[PDB]
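Entry with ouabain: notes follow.
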Amino acid sequence: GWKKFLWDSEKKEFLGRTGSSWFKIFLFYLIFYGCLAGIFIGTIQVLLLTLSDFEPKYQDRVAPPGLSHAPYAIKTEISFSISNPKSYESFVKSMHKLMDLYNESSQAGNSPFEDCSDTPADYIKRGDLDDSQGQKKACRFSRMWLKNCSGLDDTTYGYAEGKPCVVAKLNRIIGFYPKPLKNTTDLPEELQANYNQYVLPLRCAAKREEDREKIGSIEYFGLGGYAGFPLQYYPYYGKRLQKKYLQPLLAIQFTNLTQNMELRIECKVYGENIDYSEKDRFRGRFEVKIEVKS
Amino acid sequence: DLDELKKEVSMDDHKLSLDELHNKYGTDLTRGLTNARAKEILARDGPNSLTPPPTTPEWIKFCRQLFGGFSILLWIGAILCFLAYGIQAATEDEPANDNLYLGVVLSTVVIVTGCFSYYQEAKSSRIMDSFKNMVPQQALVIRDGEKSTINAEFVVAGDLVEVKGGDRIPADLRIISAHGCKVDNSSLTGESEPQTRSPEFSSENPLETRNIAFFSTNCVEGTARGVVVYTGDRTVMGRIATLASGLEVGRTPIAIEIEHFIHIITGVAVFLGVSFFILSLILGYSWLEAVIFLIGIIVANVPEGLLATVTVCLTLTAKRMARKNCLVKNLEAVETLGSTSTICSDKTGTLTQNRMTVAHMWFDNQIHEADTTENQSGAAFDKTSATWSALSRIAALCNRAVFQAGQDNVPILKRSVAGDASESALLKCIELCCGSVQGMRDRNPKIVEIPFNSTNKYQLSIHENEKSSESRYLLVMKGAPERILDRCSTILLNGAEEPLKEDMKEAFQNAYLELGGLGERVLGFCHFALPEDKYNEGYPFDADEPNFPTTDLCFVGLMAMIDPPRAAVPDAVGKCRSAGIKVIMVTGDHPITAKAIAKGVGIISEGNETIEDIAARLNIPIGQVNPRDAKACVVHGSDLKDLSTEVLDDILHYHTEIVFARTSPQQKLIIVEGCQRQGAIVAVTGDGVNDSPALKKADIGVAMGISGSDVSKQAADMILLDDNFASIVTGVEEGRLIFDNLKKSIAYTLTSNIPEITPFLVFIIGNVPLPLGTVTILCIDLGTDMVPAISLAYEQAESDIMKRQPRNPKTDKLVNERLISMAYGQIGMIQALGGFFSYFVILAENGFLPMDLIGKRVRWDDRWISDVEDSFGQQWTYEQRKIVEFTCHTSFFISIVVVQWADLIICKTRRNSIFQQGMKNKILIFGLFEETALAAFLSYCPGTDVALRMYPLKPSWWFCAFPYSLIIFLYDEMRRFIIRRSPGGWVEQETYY
Amino acid sequence: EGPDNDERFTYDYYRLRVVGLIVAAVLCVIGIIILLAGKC
Ligand SMILES: *[C@@H]1O[C@H](CO[C@@H]2O[C@@H](C)[C@@H](O)[C@@H](O)[C@@H]2O)[C@@H](O[C@@H]2O[C@H](CO)[C@@H](O[C@@H]3O[C@H](CO[C@H]4O[C@H](CO)[C@@H](O)[C@H](O)[C@@H]4O)[C@@H](O)[C@H](O[C@H]4O[C@H](CO)[C@@H](O)[C@H](O)[C@@H]4O)[C@@H]3O)[C@H](O)[C@H]2NC(C)=O)[C@H](O)[C@H]1NC(C)=O
Ligand SMILES: CCCCCCCC/C=C\CCCCCCCC(=O)OC[C@H](COP(=O)(O)OCC[N+](C)(C)C)OC(=O)CCCCCCC/C=C\CCCCCCCC
Ligand SMILES: CCCCCCCC/C=C\CCCCCCCC(=O)OC[C@H](COP(=O)(O)OCC[N+](C)(C)C)OC(=O)CCCCCCC/C=C\CCCCCCCC
Ligand SMILES: CCCCCCCC/C=C\CCCCCCCC(=O)OC[C@H](COP(=O)(O)OCC[N+](C)(C)C)OC(=O)CCCCCCC/C=C\CCCCCCCC
Ligand SMILES: CCCCCCCC/C=C\CCCCCCCC(=O)OC[C@H](COP(=O)(O)OCC[N+](C)(C)C)OC(=O)CCCCCCC/C=C\CCCCCCCC
Ligand SMILES: CCCCCCCC/C=C\CCCCCCCC(=O)OC[C@H](COP(=O)(O)OCC[N+](C)(C)C)OC(=O)CCCCCCC/C=C\CCCCCCCC
Ligand SMILES: CCCCCCCC/C=C\CCCCCCCC(=O)OC[C@H](COP(=O)(O)OCC[N+](C)(C)C)OC(=O)CCCCCCC/C=C\CCCCCCCC
Ligand SMILES: CCCCCCCC/C=C\CCCCCCCC(=O)OC[C@H](COP(=O)(O)OCC[N+](C)(C)C)OC(=O)CCCCCCC/C=C\CCCCCCCC
Ligand SMILES: CCCCCCCC/C=C\CCCCCCCC(=O)OC[C@H](COP(=O)(O)OCC[N+](C)(C)C)OC(=O)CCCCCCC/C=C\CCCCCCCC
Ligand SMILES: C[C@@H]1O[C@@H](O[C@H]2C[C@@H](O)[C@]3(CO)[C@H]4[C@H](O)C[C@]5(C)[C@@H](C6=CC(=O)OC6)CC[C@]5(O)[C@@H]4CC[C@]3(O)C2)[C@H](O)[C@H](O)[C@H]1O
Ligand SMILES: *[C@@H]1O[C@H](CO)[C@@H](O[C@@H]2O[C@H](CO)[C@@H](O)[C@H](O)[C@H]2NC(C)=O)[C@H](O)[C@H]1NC(C)=O
Ligand SMILES: CC(C)CCC[C@@H](C)[C@H]1CC[C@H]2[C@@H]3CC=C4C[C@@H](O)CC[C@]4(C)[C@H]3CC[C@]12C
Ligand SMILES: CC(C)CCC[C@@H](C)[C@H]1CC[C@H]2[C@@H]3CC=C4C[C@@H](O)CC[C@]4(C)[C@H]3CC[C@]12C
Ligand SMILES: [Mg+2]
Ligand SMILES: [Mg+2]
Ligand SMILES: [Mg+2]
């Protein structure tokens with residue numbers, strides 16, 4: 001048994017078959033699998049011929065845009081000691097990774113960058129989604145616009161003395177026009193003052209009614225000094241039609257934060273084509289658990 | 001319970017005297033025992049009743065059904081699933097509950113299968129309990145010189161016991177005085193006729209002597225006395241029953257096939273796991289993860305639904321059997337008949353009817369044959385001559401037996417008749433084609449009868465003649481043909497009379513040897529018209545002197561008789577021989593009768609010859625002929641007792657038509673074992689207690705239902721409630737049919753394996769988003785798939801199944817490498833490619849091209865990256881990309897169903913084409929329709945993306961798997977074509993299951 | 001088109017589910033018909 005089914009010397013068999021058999025079977029499987037591979041590849045090429053390079057055919061799984069931020073929180077919690085420096089390094093490293101892309105050295109010349117209104121403005125259509133005109137042009141977004149959180153002055157961005165910052169960002173969608181709420185009698189309380197039509201508002205608050213008191217003064221930084229995103233930076237023509245494109249950003253400083261206690265802060269954007277989800281906690285809004293323990 | 005002392009052949013103290021007997025057990029031959037002494041012994045050793053069987057509680061067999069070989073594999077699978085869940089709970093936070101679901105599901109599968117399998121064996125046990133009809137019985141014992149009837153349970157060793165024709169022998173008696181007493185030794189020893197019990201001793205073998213009455217036997221006619229020698233379980237049939245219970249059970253062929261099947265499934269499962277474990281450790285992953293990968297791949301390679309499918313498969317073929325009156329106690333005993341290659345049968349009660357019947361008749365220098373079949377389905381014998389009428393008057397008058405009161409309902413052959421077996425057979429034949437004997441008998445009044453004498457060797461009687469024109473006297477007499485031939489001088493030829501010249505005397509001698517050589521017993525009937533001038537109507541012929549002329553009578557004709565075989569016995573034996581099944585007769589009857597029945601049923605084909613037949617045809621001694629020139633052999637039991645192991649092997653190895661005669665039950669067991677030692681499956685068909693040790697050790701026992709004994713009925717595996725023997729042919733046919741279908745269904749449930757594991761393998765090696773989820777694999781293996789696999793059982797034959805030779809056990813298996821090469825190698829591969837095709841299509845239409853998917857799982861899974869760039873530059877949140885992955889699981893599952901369509905069609909037939917066999921199987925059609933409706937239901941019903949995580953599909957996706965399916969169909973069609981045109985070629989020894 | 005291109009982000013899943021159920025139902029019935037056709 002053990003020995004024979006391995007190698008017998010009368011029938012000159014190895015494992016069961018002869019020399020010419022292992023070859024007939026190996027050759028058959030090689031030809032068979034080769035044909036299988038060629039067929040799968042052909043059916044995948046016709047699939048590549050069925051899609052366009054300048055636009056995703058289906059854009060419904062990304063209709064209501066998200067609201068992400070600069071720090072990378074594991075459980076949406078920002079916890080660090082104001083004494084131990086090796087505590088907020090993971091935050092500054094990320095923040096830096098994000099702002100490191102808005103460097104002026106990167107944004108230079110006429111191509112492919114263009115100077116836009118220093119004050120919020122309206123949409124800008126650079127034509128259709130074609131290759132007729134070459135690479136479209138995107139508006140420049142300066143670092144300095146974000147005043148106390150830019151890492152140009154206080155590299156750390158705040159985390160050094162109990163005053164962290166949080167750079168919010170709107171998820172990039174192709175052909176998406178942000179639309180703000182109009183001035184009519186139904187509008188939230190908050191939004192009434194400073195209604196620049198051209199600005200998509202971002203306003204943070206506290207999840208529970210108690211926590212209001214323990215969160216101090218939310219100081220937002222942005223284009224024009226407003227707490228929102230200027231409509232002039234839209235729409236997005238996609239990577240292929242607009243490489244070197246920068247999306248607006250909004251900084252939020254949580255000054256006067258109570259020490260040694262977990263604070264739940266929910267930030268939210270307001271607008272027509274913006275809708276939230278009870279299942280996805282990043283669709284339009286976002287949550288952060290700040291705790292400056294020192 | 002020493003088995004070797006129970007395996008030995010019975011010994012006894014028969015060869016003794018009445019004084020030695022009374023001196024050994026202690027007993028008055030004329031006064032019996034004393035009541036005080038009787039009770040002293042009754043309390044000293046135990047009542048004269050066999051021990052009850054070893055009761056089997058129901059929770060024991062329920063736990064039995066919960067275990068086994070397949071259910072055990074599913075048990076270890078559930079255990080592994082919970083182990084991997086524990087590790088994920090103690091090692092990581094937010095552990096997914098996929099594994100805990102899969103484990104409770106596997107446990108439920110095992111429990112449900114156990115409940116169903118247990119319920120069936122209980123059903124059979126209830127209908128089995130409705131047959132033990134036990135009416136208490138009381139014996140007649142003589143104590144202190146008085147006759148008393150006491151319960152059978154109070155008889156002891158030593159007292160005097162009297163029996164009477166119609167009662168049952170209580171214990172093992174030693175006859176001391178008899179009065180023409182006969183007993184039926186059919187169940188214990190196998191003797192078709194009633195052996196007379198005489199106080200004198202005759203043979204060295206206790207079963208052959210006449211001075212011993214046995215347990216469970218019955219006294220047909222006469223009365224006798226005897227001293228109880230053996231009592232209780234220590235009796236003959238007691239040692240036989242105890243031996244039967246103390247024999248092992250075995251392990252059927254279907255079970256061994258399932259075991260070797262699990263052997264292969266685990267071989268390839270632990271191979272893929274230990275290998276992708278070293279491979280994952282070589283790619284950087286940590287140990288904690290690799291262990292989960294090993295368990296996941298091994299558990300993934302376990303068929304969870306093949307258990308329920310196989311159980312339902314086996315269950316379906318058993319109902320077909322219960323419809324034709326063939327009941328199986330276990331569930332796998334349904335396949336053993338088809339795999340049998342050597343059937344050892346019994347003669348008395350199985351091959352025959354154990355009822356004496358008038359077979360052949362002599363009259364008008366011509367042999368006439370009568371119908372000797374249970375339901376009377378045959379040829380009449382020409383009832384138009386006067387000779388036959390006179391014969392009917394002779395037999396119907398010169399006969400003293402009469403039907404038992406109250407049989408006005410049963411048929412003419414199955415009713416009870418009080419008398420000898422010869423007068424009963426004659427009475428039944430006359431009552432059969434001559435109408436009511438009761439009026440035939442009152443139509444002619446019997447005046448004087450001289451009973452059968454040991455010296456006269458004849459039975460005669462005179463009666464009045466019902467001729468209203470002839471008032472003479474009729475005289476009739478029957479007896480041995482030689483004695484009656486010496487008393488005639490005329491012959492009733494075609495009605496008229498003629499002299500007895502030597503021409504007809506020689507025709508009578510050849511007729512005597514013709515009916516005699518047929519193994520039948522012949523009798524002669526003659527009559528004469530007494531002259532009313534010498535014996536007027538008033539003269540009384542008192543039975544004292546010669547009042548009737550002994551000689552000068554008128555011989556009318558001979559009448560033979562023998563126990564005939566059951567209706568479908570010859571046809572069934574022929575059908576079994578046609579299927580290549582060796583039929584070997586094994587019986588404890590006289591060889592002169594066994595050989596005749598063998599030739600009459602087909603065991604000894606007409607033309608074949610024994611060594612004695614050759615010595616008789618040549619007129620030379622038997623020690624000169626060579627035994628190789630003899631195809632058939634008759635082995636006597638006395639000679640069987642003195643034979644080595646090799647000799648029996650050679651007996652079965654050189655003789656094709658074997659008949660074992662005069663073999664004891666222990667020898668029957670030895671013969672069955674001699675058949676197994678080589679390597680063939682054995683099926684023993686019997687009825688009495690002597691067959692109990694033979695039916696138990698055989699691979700499959702078949703007991704008769706009406707004519708069988710309770711012990712052999714409880715020790716058998718299959719019961720024939722109608723006593724029809726053709727059911728054996730039906731069984732051997734179904735046993736094959738249900739085998740080729742299991743092969744097809746297994747290849748079906750194994751083909752889906754590959755498109756179920758490949759997604760995960762490419763997930764770990766290529767780092768692409770998970771293609772096939774867990775609740776989808778479950779919706780495939782335990783949902784859609786079940787109905788089609790169950791339907792594959794309803795497939796009809798392709799070629800004649802009752803024509804091919806029996807499957808070789810050592811080479812043709814149930815699951816070979818030729819199947820694995822198809823399911824795991826060729827079809828499953830195409831199905832996996834089709835699934836991946838639909839996958840890439842879904843992700844390419846939403847924005848994730850194939851070049852950007854390789855290398856993303858680390859960020860595609862991360863729960864905190866709300867900005868994942870796709871091939872076009874769009875930013876996708878975490879929940880948004882997860883919805884697409886789930887929709888990819890839904891379409892992958894639908895692709896599986898689409899390719900399963902062509903797999904269920906190419907699995908329908910193994911060799912033949914679809915345009916030949918045909919889609920006449922309505923269940924398979926229903927399986928396809930339902931399989932599609934369920935997939936559409938699981939995707940389109942609201943709240944499924946919440947409960948099961950399956951999102952709706954856009955109508956253009958459903959068509960991504962169609963080309964792969966058509967290709968599967970064309971490939972298998974050309975496959976099943978070269979096999980037909982090219983028999984024995986490469987495609988056959990490489991791809992033919 | 002232009003600014004009010006809201007349709008480019010909408011899909012009528014409702015109507016799709018309704019139709020897919022109608023179809024599933026029909027296939028289910030047909031199945032039953034085939035299964036019991038002969039036992040009557
Ligand atoms: C985008 O801008 C980033 C900042 O640019 C600076 O400020 C802008 C406004 C301009 O003025 C520009 O010209 C400036 O450079 C730019 O990142 C910067 O890159 C330089 C070059 O590597 C870094 O300088 C090095 O600093 C380290 C120590 O850094 C400490 O502070 C930083 C935070 O600022 C911490 O992250 C560190 O852990 C340290 O705590 C020095 O040790 C190092 O020494 C090297 O140079 C000296 C000579 O000066 C040599 O003798 C040595 O051998 C070394 O070769 C450098 O001095 C600078 O830290 C870094 N800034 C930040 C904030 O990290 C970024 O690269 C730009 N990106 C793109 C894509 O354009
Ligand atoms: C991300 C990538 C995806 C990866 C997916 C992988 C999916 C896995 C798919 C298939 C699993 C394959 C595993 C091997 C299966 C072998 C089947 C097997 O073991 O079945 C058992 C048979 C027994 O059969 P029986 O009962 O009829 O025997 C009767 C003998 N009597 C009667 C004479 C006594 O035993 C035999 O066949 C004898 C054993 C023969 C073993 C051959 C081993 C070949 C394995 C690999 C070869 C690779 C080489 C590649 C290089 C080629 C050169 C270019
Ligand atoms: C691009 C897309 C790729 C898709 C690939 C997957 C395809 C798989 C699905 C279907 C394949 C269909 C194959 C068609 C085969 C037809 C064969 C045929 O017709 O052979 C004729 C037979 C032979 O007759 P005979 O001479 O032996 O008769 C003797 C009568 N005497 C005895 C009285 C004389 O006749 C008979 O079988 C009797 C009549 C039977 C009629 C059957 C009709 C039903 C056929 C298919 C059902 C549809 C399933 C659809 C599944 C989708 C669900 C949504
Ligand atoms: C011969 C014999 C023939 C017999 C044929 C029988 C066929 C039976 C056919 C149909 C009955 C199927 C069951 C019906 C289920 C109704 C569920 C329902 O009406 O849900 C409506 C609501 C959805 O509301 P919404 O849109 O506001 O939710 C918004 C949620 N947001 C916004 C958070 C995402 O549900 C919810 O909320 C909660 C959802 C609860 C989930 C229940 C689903 C059950 C799960 C598995 C069982 C399926 C096993 C397969 C059996 C196959 C049998 C053949
Ligand atoms: C004859 C033909 C038969 C055809 C039938 C097809 C056979 C199906 C075979 C296997 C499928 C069974 C697998 C069971 C899956 C259970 C999944 C489960 O328990 O998931 C737990 C989820 C939790 O999810 P999460 O963490 O995302 O929640 C986050 C919530 N936050 C974030 C808002 C807090 O809770 C929920 O979904 C809550 C809703 C609970 C839904 C239970 C549905 C049970 C479905 C089937 C069981 C009965 C089948 C019996 C039929 C056998 C047929 C032979
Ligand atoms: C022998 C076995 C026989 C088996 C027969 C089984 C019976 C089959 C039962 C039903 C199938 C018919 C289904 C018809 C449904 C049409 C419904 C409809 O209105 O659907 C429109 C969609 C277009 O969707 P969209 O995404 O463009 O718009 C989405 C727009 N929103 C989402 C905004 C609303 O279209 C679709 O679903 C296309 C529907 C699929 C088209 C049917 C293709 C038939 C394929 C082969 C048969 C060829 C037979 C040749 C005859 C030979 C005779 C000898
Ligand atoms: C993209 C391409 C689409 C093409 C569509 C083509 C459709 C063609 C339509 C019908 C096919 C023709 C009808 C065939 C009737 C043949 C009748 C016959 O007498 O046959 C007998 C021969 C077998 O002879 P033998 O010597 O081996 O017998 C040996 C017997 N012994 C072993 C006892 C000695 O049978 C054979 O050769 C059968 C071998 C036929 C293999 C060809 C399979 C064609 C593939 C698909 C058909 C379409 C069905 C599915 C519909 C999908 C709709 C979307
Ligand atoms: C998306 C999925 C697509 C899948 C498509 C798969 C297509 C690939 C199909 C077949 C390619 C494999 C061809 C292999 C040829 C080399 C094999 C070889 O070296 O073989 C040698 C033998 C000759 O040796 P011997 O027997 O004389 O020696 C006796 C020796 N002793 C005793 C061991 C028997 O060869 C022979 O016997 C001849 C046997 C040749 C094998 C015929 C198999 C044909 C199967 C399928 C073709 C149909 C494609 C239909 C597709 C329609 C697409 C729309
Ligand atoms: C012997 C002869 C036998 C014959 C038997 C015939 C049986 C009857 C046959 C067919 C009945 C058809 C019923 C059609 C029901 C339409 C319901 C429907 O279209 O509901 C759709 C909407 C949910 O849309 P959504 O906006 O949430 O979409 C998600 C959007 N997102 C995720 C993007 C946000 O519903 C809702 O809101 C409210 C839903 C309320 C619950 C409705 C329950 C329907 C469930 C099962 C019935 C279907 C069984 C069919 C038979 C199949 C047998 C296997
Ligand atoms: C690399 C690794 O990937 C992820 O985990 C992976 C391992 C493990 O977690 C599971 C869930 O337990 C596995 C499980 O083991 C085996 C399966 C039950 C298996 C079977 C189907 C079947 O029928 O029988 C067996 C096929 C895949 C499977 O269905 C799941 C799929 C989800 C996954 O989650 C994947 C996590 O992201 C993890 O954090 C990261 O380390
Ligand atoms: C920041 O919060 C502090 C409280 O932590 C506020 O200062 C307190 O004001 C009360 C009077 O209302 C005094 O009794 C406390 O002594 C003050 N505490 C400190 C530490 O100054 C302060 O007004 C808040 N400032 C802003 C801008 O919100
Ligand atoms: C019936 C079977 C054997 C035919 C299989 C044909 C195979 C070999 C054919 C079908 C489609 C073909 C591919 C189609 C498209 C491309 C893209 C091009 O930029 C390079 C060649 C490449 C990659 C082809 C290579 C060969 C290919 C895969
Ligand atoms: C015997 C063979 C050839 C029949 C093949 C029938 C196929 C083509 C049928 C069976 C089930 C059908 C699908 C069932 C359900 C739906 C959902 C509906 O909203 C659009 C049509 C769509 C997507 C159907 C398209 C055609 C389909 C896939
Ligand atoms: Mg018998
Ligand atoms: Mg048995
Ligand atoms: Mg499986």
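We name chains A, B, ... by the order of the sequence lines, and we start the count at 1 in each one. Ligands are counted one by one from 1 in listed order, and the atoms in each one are counted from 1 as well.
- In the structure shown, the parts corresponding to ouabain are ligand 10.
- Contact analysis gives the chain with most pairs under 4.5 Å to ouabain as the one the PDB entry calls Sodium/potassium-transporting ATPase subunit alpha.
- Chains with a heavy atom under 4.0 Å from ouabain: B.
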